[PDB]
S.K.: 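A structure from the PDB, with halofuginone included.
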Amino acid sequence: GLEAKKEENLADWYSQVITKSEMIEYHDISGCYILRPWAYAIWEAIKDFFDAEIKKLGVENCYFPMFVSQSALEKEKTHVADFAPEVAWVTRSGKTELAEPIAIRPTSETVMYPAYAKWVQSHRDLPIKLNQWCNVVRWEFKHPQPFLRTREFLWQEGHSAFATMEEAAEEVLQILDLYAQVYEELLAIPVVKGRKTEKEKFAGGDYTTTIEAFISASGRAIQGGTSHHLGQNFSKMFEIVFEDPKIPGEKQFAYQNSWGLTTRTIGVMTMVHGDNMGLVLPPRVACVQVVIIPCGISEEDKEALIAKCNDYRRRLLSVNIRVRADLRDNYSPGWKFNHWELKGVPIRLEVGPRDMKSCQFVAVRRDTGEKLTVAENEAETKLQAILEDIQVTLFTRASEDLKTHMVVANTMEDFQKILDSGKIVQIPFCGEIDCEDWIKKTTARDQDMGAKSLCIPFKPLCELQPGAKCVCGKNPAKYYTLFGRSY
Amino acid sequence: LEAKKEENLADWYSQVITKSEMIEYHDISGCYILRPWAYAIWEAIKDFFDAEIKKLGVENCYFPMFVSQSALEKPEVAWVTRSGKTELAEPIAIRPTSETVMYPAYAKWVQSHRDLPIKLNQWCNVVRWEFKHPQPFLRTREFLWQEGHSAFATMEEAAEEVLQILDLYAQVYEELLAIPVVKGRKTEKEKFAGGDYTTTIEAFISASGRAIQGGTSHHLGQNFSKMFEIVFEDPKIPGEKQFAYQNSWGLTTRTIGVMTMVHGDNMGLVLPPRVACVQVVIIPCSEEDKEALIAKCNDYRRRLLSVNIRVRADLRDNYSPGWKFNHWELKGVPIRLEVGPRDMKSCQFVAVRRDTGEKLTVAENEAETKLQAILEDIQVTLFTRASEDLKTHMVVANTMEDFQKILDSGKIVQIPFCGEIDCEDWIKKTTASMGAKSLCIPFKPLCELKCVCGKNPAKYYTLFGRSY
Ligand SMILES: Cc1cc(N2CC[C@@](C#N)(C3CC3)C2=O)cc(NC(=O)Cc2ccccc2)n1
Ligand SMILES: Cc1cc(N2CC[C@@](C#N)(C3CC3)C2=O)cc(NC(=O)Cc2ccccc2)n1
Ligand SMILES: O=C(C[C@H]1NCCC[C@@H]1O)Cn1cnc2cc(Br)c(Cl)cc2c1=O
Ligand SMILES: O=C(C[C@H]1NCCC[C@@H]1O)Cn1cnc2cc(Br)c(Cl)cc2c1=O
Ligand SMILES: [Br-]
Ligand SMILES: [Br-]
Ligand SMILES: [Ca+2]
Ligand SMILES: [Ca+2]
Ligand SMILES: [Ca+2]
Ligand SMILES: [Cl-]
Ligand SMILES: [Cl-]
Ligand SMILES: [Zn+2]
Ligand SMILES: [Zn+2]
Ligand SMILES: [Zn+2]
Ligand SMILES: [Zn+2]
């Protein structure tokens with residue numbers, strides 16, 4: 001069984017859960033982890049959804065090189081200098097030094113935007129809407145954590161270029177809403193949509209929109225996905241331009257966006273829904289939604305029981321429920337109950353001889369442990385209903401927790417008190433970078449780490465009163481901003 | 001398209017892959033951008049192969065790209081040596097293939113025979129930093145592939161899988177890409193040194209008279225399980241351990257390059273309907289009649305989508321119809337569906353098939369039926385022509401002189417062969433301006449069976465050729 005308790009040592013519980021659910025295997029290189037099928041399948045579910053949705057918006061998939069030349073990486077002001085010591089450099093092939101070192105992509109702006117500049121020769125060439133599913137590398141020496149913060153990770157990065165600001169601004173919010181759908185509708189995780197402050201936005205962009213999630217077990221928030229409006233900053237840098245004949249003597253620089261989402265998704269799912277029995281899969285992304293286990297197991301009664309289990313399997317498959325029949329003779333029914341509970345399968349379907357003879361079975365929900373006796377004839381109906389109820393239940397519980405842990409404060413003193421209780425706080429804020437630094441410094445100083453901004457919510461809990469001051473007291477508030485201790 | 005396939009193939013190829021918007025060049029050599037038109041073909045291959053291996057019980061995963069020095073050493077490898085300006089404690093290698101990352105995990109996952117089989121696949125990128133001359137799709141420094149790695153308790157289930165995977169690869173080439181291939185096994189010289197035997201599919205590119213390996217499926221036997229200690233308890237004998245039997249298999253975007261080299265023509269790319277992102281492109285050729293024509297095009301679009309035909313209506317105002325004809329011809333779209341006002345008012349349309357250029361006039365009410373028929377015929381036609389080509393260019397020669405002569409005509413040859421490494425080296429140096437290498441020992445040779453070296457008897461008919 002799982003013996004680590006989530007409320008006692010969270011980091012050990014997390015390591016136990018991700019390994020005993022067979023999601024993660026550790027590699028011999030720090031910050032690099034093997035995604036076993038149980039975790040990879042969740043990424044595949046997210047991919048299926050998001051891929052279909054961006055195709056509806058006109059985005060097409062592609063694959064750009066993993067390697068960036070020294071010249072291309074350092075040619076334009078695409079990234080702040082603090083990232084320099086975290087680029088992984090290939091310097092030799094076999095035993096002999098390369099003429100010029102080449103970098104592993106940490107993101108693909110510097111490989112994609114020179115090609116965009118080649119491809120945009122007139123108005124007709126826009127828009128360009130490309131996505132790629134790929135791995136990136138950011139070689140930090142801070143402590144890594146499986147799924148949440150790693151050196152190599154899988155993601156998707158979309159990059160779009162448009163003739164007008166309005167088309168681009170529309171896409172930014174559409175993509176952000178798809179990310180919120182990934183978290184809320186697939187993973188049953190509530191998120192807060194907002195704009196990053198000036199300090200936390202992508203430096204080279206116009207503005208950054210974000211979704212923020214809350215991990216109550218650690219009292220910390222974490223960014224779930226991001227959608228940037230780059231404006232014309234990168235088009236001016238890379239000369240992504242066209243000319244209108246109706247406007248002679250003027251360049252038209254493309255308006256650009258970029259957006260990304262990673263396997264961090266899975267880690268947040270694990271941290272939010274996981275419990276002291278192990279992983280808990282939302283039915284929308286569970287590789288296996290129902291596991292059928294023969295229990296209470298004569299020598300032809302046994303064959304009848306096995307055939308009944310396969311009857312349920314085929315009926316469920318027939319109604320698009322993802323189902324596995326664990327018919328292993330080697331393992332005890334208790335062993336199987338435990339194995340699939342650790343893996344978070346939403347429903348265990350128990351079939352024993354007595355129930356078979358009485359044309360019934362037992363369904364056990366993973367989230368609550370509730371057991372239900374179901375008539376055989378209702379199998380497809382009831383189980384679908386139960387799966388839907390599990391999904392809602394998970395979201396509802398997580399939403400309640402966010403509601404208790406995200407609150408309004410209008411003074412530094414109240415903010416400090418609430419923050420130190422392990423919650424995130426919406427405060428009136430002047431938006432200035434220096435003030436944000438001061439908030440981090442003084443909440444660190446006065447705690448009894450510093451708070452960072454998470455986002456400026458699009459829909460704050462309260463509306464800023466006229467003349468309301470920032471918590472710094474010195475400048476008027478520009479907006480309610482969500483702050484907390486962060487991942 | 002200006003360049004001609006029959007004169008300057010390399011230039012023809014560069015023009016076709018760029019004007020079809022499949023490839024863009026990168027500022028590092030041997031690395032190429034896969035634009036959507038190319039990537040879509042890879043996605044179609046992936047959809048097929050992924051479904052098929054799932055039916056065999058293979059599960060997808062993702063192992064790390066980085067290999068430690070020690071694990072790798074238990075070679076044109078790209079080495080990471082620093083992060084920023086900070087030298088790493090130890091250099092780490094980019095995977096050229098994932099045996100050395102996967103099999104330590106395999107050895108930890110296998111304790112009893114109940115832990116077998118293990119059947120894992122990953123769709124990923126690998127890196128082989130050679131300085132030989134690269135070619136888009138066909139031979140590149142970084143490439144997308146799938147690598148499957150399986151572990152079993154017995155030799156027999158492993159052997160079964162090797163052959164099933166090779167047949168899936170032959171399905172990818174022959175059924176999806178309309179490319180005939182020759183199944184066989186590699187000679188001692190050419191087989192994977194880390195395995196017991198290597199099965200392969202070989203394809204032929206007549207424009208260069210050269211063969212190319214399309215995919216590969218190895219039986220590794222107990223080589224790697226002895227090296228990495230992938231062991232399980234003997235079910236009958238107390239205390240005794242057995243080593244697992246293993247396979248690995250792989251397939252890359254080389255597929256798309258072979259498809260381009262085989263079916264492409266002097267008008268550009270030619271897509272087999274089974275992998276074409278767009279199978280039919282609808283092109284329009286009084287304000288009321290303008291609106292009605294657009295609506296008719298949209299009718300065809302919706303009807304073809306309703307019958308699961310992949311269709312785009314190019315209703316764009318900012319491009320001439322002739323520009324569209326040429327654009328979608330360069331891209332190899334199998335069928336151009338032309339609707340003009342007169343066609344609309346005659347309840348008919350024109351379908352132009354890309355492979356032959358034939359223009360068919362089709363009654364409107366038959367749109368869904370006939371177009372499906374035409375798509376099927378295009379697929380078959382492509383395959384049939386390619387097979388004709390292969391049969392024309394693969395012949396038996398039972399003596400060296402004829403073999404050399406056959407080879408210099410730009411063909412590949414099945415010869416009686418002894419199998420010895422020394423002899424294969426001698427055939428290479430003799431036939432040299434490259435000398436011929438062995439391609440495979442065909443499962444089904446042209447003729448039933450001494451070597452063409454004389455000094456030895458022939459162990460098998462072997463297919464030899466100048467190879468990519
Ligand atoms: C797994 C994962 C995810 C993400 N990030 C980033 C923001 C983002 C969001 N939202 C991306 C835009 C989509 C995200 O998920 C970032 C990372 N590694 C790193 O920072 C490097 C690293 C390595 C070791 C320790 C600490 C840090 N690792
Ligand atoms: C695109 C592609 C494909 C393949 N290979 C290999 C055999 C195989 C088959 N069949 C794999 C098992 C699946 C295949 O496709 C190999 C490659 N690059 C290389 O050798 C490196 C290289 C780079 C520049 C010049 C010369 C050589 N590049
Ligand atoms: O990667 C980004 C901005 C956006 N790029 C497209 C995908 C979504 C993503 O939010 C910001 N970023 C983040 N981390 C980086 C690390 C390094 Br090292 C470098 Cl060089 C550059 C960067 C860098 O540019
Ligand atoms: O990669 C292979 C053997 C098989 N691995 C699984 C996928 C299918 C493939 O045929 C052979 N191979 C090929 N090229 C290599 C290049 C280098 Br560099 C290294 Cl270290 C190792 C290798 C190496 O092992
Ligand atoms: Br980022
Ligand atoms: Br290989
Ligand atoms: Ca001006
Ligand atoms: Ca709390
Ligand atoms: Ca012994
Ligand atoms: Cl679902
Ligand atoms: Cl029934
Ligand atoms: Zn799975
Ligand atoms: Zn302030
Ligand atoms: Zn496409
Ligand atoms: Zn010989």
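In what follows, chains are A, B, ... by sequence order, proteins preceding strands, each numbered from 1. Side chains included, hydrogens not; waters and symmetry mates left out as well; all remaining heavy atoms used. Counting starts at 1 for both ligands and their atoms, in listed order.
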S.K.: Hey, where's halofuginone in this structure? All the copies, please.
M.R.: ligands 3 and 4
S.K.: Under the nomenclature of the PDB entry, which macromolecule has the greatest contact count with halofuginone (ligand 4)?
M.R.: Bifunctional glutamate/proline--tRNA ligase
S.K.: Around halofuginone (ligand 4), which other chains have a heavy atom under 4.0 Å away?
M.R.: B
S.K.: So, at a heavy-atom cut-off of 4.0 Å, what does the binding site of halofuginone (ligand 4) look like in terms of residues?
M.R.: B/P75, B/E76, B/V77, B/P96, B/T97, B/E99, B/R128, B/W145, B/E147, B/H149, B/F192, B/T216, B/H218, B/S248, B/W249, B/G250
S.K.: Output the list of atoms in halofuginone (ligand 4) that are nearer than 4.0 Å to some heavy atom of B/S248, sorted by atom number.
M.R.: 4 (C), 5 (N), 6 (C)
S.K.: Can you list the atoms of halofuginone (ligand 4) that are under 4.0 Å from a heavy atom of B/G250?
M.R.: 8 (C)
S.K.: Would you mind listing which atoms of halofuginone (ligand 4) come within a distance below 4.0 Å of any non-hydrogen atom of B/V77?
M.R.: 18 (Br), 20 (Cl)
S.K.: With heavy atoms of B/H149 as the reference, note each atom of halofuginone (ligand 4) found under 4.0 Å away.
M.R.: 6 (C)
S.K.: Looking at B/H218, which atoms of halofuginone (ligand 4) are within less than 4.0 Å of one of its heavy atoms?
M.R.: 3 (C), 4 (C), 9 (C), 10 (O)
S.K.: Taking 4.0 angstrom as the limit and counting only heavy atoms of B/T216, give me the atoms of halofuginone (ligand 4) inside it, by number and element.
M.R.: 10 (O)
S.K.: Would you say B/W249 and halofuginone (ligand 4) have an N/O pair spaced under 3.5 Å apart?
M.R.: no
S.K.: Which of the numbered atoms in halofuginone (ligand 4) are below 4.0 angstrom from a heavy atom of B/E147?
M.R.: 7 (C)
